[PDB]
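Quick look at a structure containing vaborbactam (bound form).
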Amino acid sequence: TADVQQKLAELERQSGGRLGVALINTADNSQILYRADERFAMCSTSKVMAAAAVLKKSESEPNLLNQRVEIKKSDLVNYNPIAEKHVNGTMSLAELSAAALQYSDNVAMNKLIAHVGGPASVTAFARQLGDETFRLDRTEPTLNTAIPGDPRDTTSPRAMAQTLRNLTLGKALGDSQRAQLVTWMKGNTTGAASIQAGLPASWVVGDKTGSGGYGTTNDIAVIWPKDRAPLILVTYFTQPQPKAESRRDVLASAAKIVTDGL
Ligand SMILES: *[B@@]1([O])O[C]([C]C([O])=O)[C][C][C]1[N]C(=O)[C]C1=[C][C]=[C]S1
Ligand SMILES: [Cl-]
């Protein structure tokens, strides 16, 4: 408890940056919190809320996920690993959700944002869930600038852990939609060096990463440990220098520290 706090503080100092952690353990309703009420730039971890907003919308529009969306050269941004393969064709909203969540595709994220009515609509959805901390201000790519002191496109680790718990394990979404979100997150391709890297190989993880300005390196996860109740873990990290390098190792270390001895 105090041991874990000290270990997180030592990791943070060694890292040179600012670390935010929230773990919810659904075994006993306990938490581990470190700067859990401070704001951090979400960066690509915000893609979970945008996909969830589309899933919510689909509850009253049962054919929504099949809807076709044109991909054009004008849609391309800075990071288009899936979308660049589909220029001059269409992708379904399901495909765009999967591309955003599993490959962190920024065009896909922009199409999800646009569909549901823009960043203020994704934010209003967060409010409807009871999350009064989340704010999505901008589209891709600018939502990742992560300037220190800038509250745009931020949330707290506590808020995001509670919200992710509600989305993946609770009743924010209908059963089909929740299952789809969990399926997409379990199939993520981008997370193996982050939270997953600090957990035993046998544990099952659905996570969403993000990388941004000021070396901002983030991951949010739902975790099914071997023969245990699930966990929700948010690890946010950001650094003082604009061109700081990614530090996914810091997220792995934080994950190890807060799950040790479970
Ligand atoms: B996102 O924050 O994270 C992605 C990688 C990941 O999931 O680990 C890549 C796309 C996103 N980040 C960016 O677009 C990078 C920046 C844009 C403006 C400043 S940094
Ligand atoms: Cl192992």
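The residue numbers of chain A are those assigned by the PDB entry, with the residues present covering 2-263 sequentially. In listed order, ligands and their atoms are each counted from 1.
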Quick one: which ligands or chains are vaborbactam (bound form)? ligand 1
Which chain is the largest contributor of contacts with vaborbactam (bound form, ligand 1) here, and what is it called in the PDB entry? Beta-lactamase
Specify the protein heavy atom at minimum distance from atom 1 (B) of vaborbactam (bound form, ligand 1): its residue, its atom name, and the distance to 0.1 Å. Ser45 OG, 1.5 Å
Report the residue and atom in covalent bond with vaborbactam (bound form, ligand 1) in the deposited model.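 The entry shows a covalent bond to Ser45 OG.
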Among protein heavy atoms, which lies nearest atom 17 (C) of vaborbactam (bound form, ligand 1), and at what distance?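 Answer for atom 17 (C) of vaborbactam (bound form, ligand 1): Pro142 O, 3.4 Å.
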What protein heavy atom is closest to atom 20 (S) of vaborbactam (bound form, ligand 1), reported as residue, atom name and distance in Å?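 Scanning the protein heavy atoms, the shortest distance from atom 20 (S) of vaborbactam (bound form, ligand 1) goes to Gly214 N, 3.6 Å.
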For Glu141, is at least one N or O under 3.5 Å away from an N or O on vaborbactam (bound form, ligand 1)? no
I need the nearest protein heavy-atom contact for atom 6 (C) of vaborbactam (bound form, ligand 1): residue, atom name and distance, please. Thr210 OG1, 3.3 Å
Taking the non-hydrogen atoms of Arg249, is any one of them nearer than 4.0 angstrom to vaborbactam (bound form, ligand 1)?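 No; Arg249 lies far enough from vaborbactam (bound form, ligand 1) that no heavy-atom distance drops under 4.0 Å.
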Which organism is on record in the entry as the source of chain A?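 The PDB lists Klebsiella pneumoniae subsp. pneumoniae.
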What is the nearest protein non-hydrogen atom to atom 13 (C) of vaborbactam (bound form, ligand 1), stated with its residue, atom name and distance? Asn145 ND2, 3.4 Å
Tell me which protein heavy atom sits closest to atom 15 (C) of vaborbactam (bound form, ligand 1), plus the residue, atom name and distance to 0.1 Å. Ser212 O, 3.7 Å
Is there a polar contact between vaborbactam (bound form, ligand 1) and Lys48, counting only N or O atoms under 3.5 Å apart?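 Between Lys48 and vaborbactam (bound form, ligand 1), no N or O pair is found under 3.5 Å apart.
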Between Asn107 and vaborbactam (bound form, ligand 1), which part of the residue brings a heavy atom under 4.0 Å of the ligand: side chain, backbone, both or neither? side chain
Quick one: what's the binding site of vaborbactam (bound form, ligand 1) if I count heavy atoms under 4.0 Å?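 Non-hydrogen contacts come from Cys44, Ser45, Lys48, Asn79, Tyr80, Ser105, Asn107, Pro142, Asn145, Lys209, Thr210, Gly211, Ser212, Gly213, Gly214.
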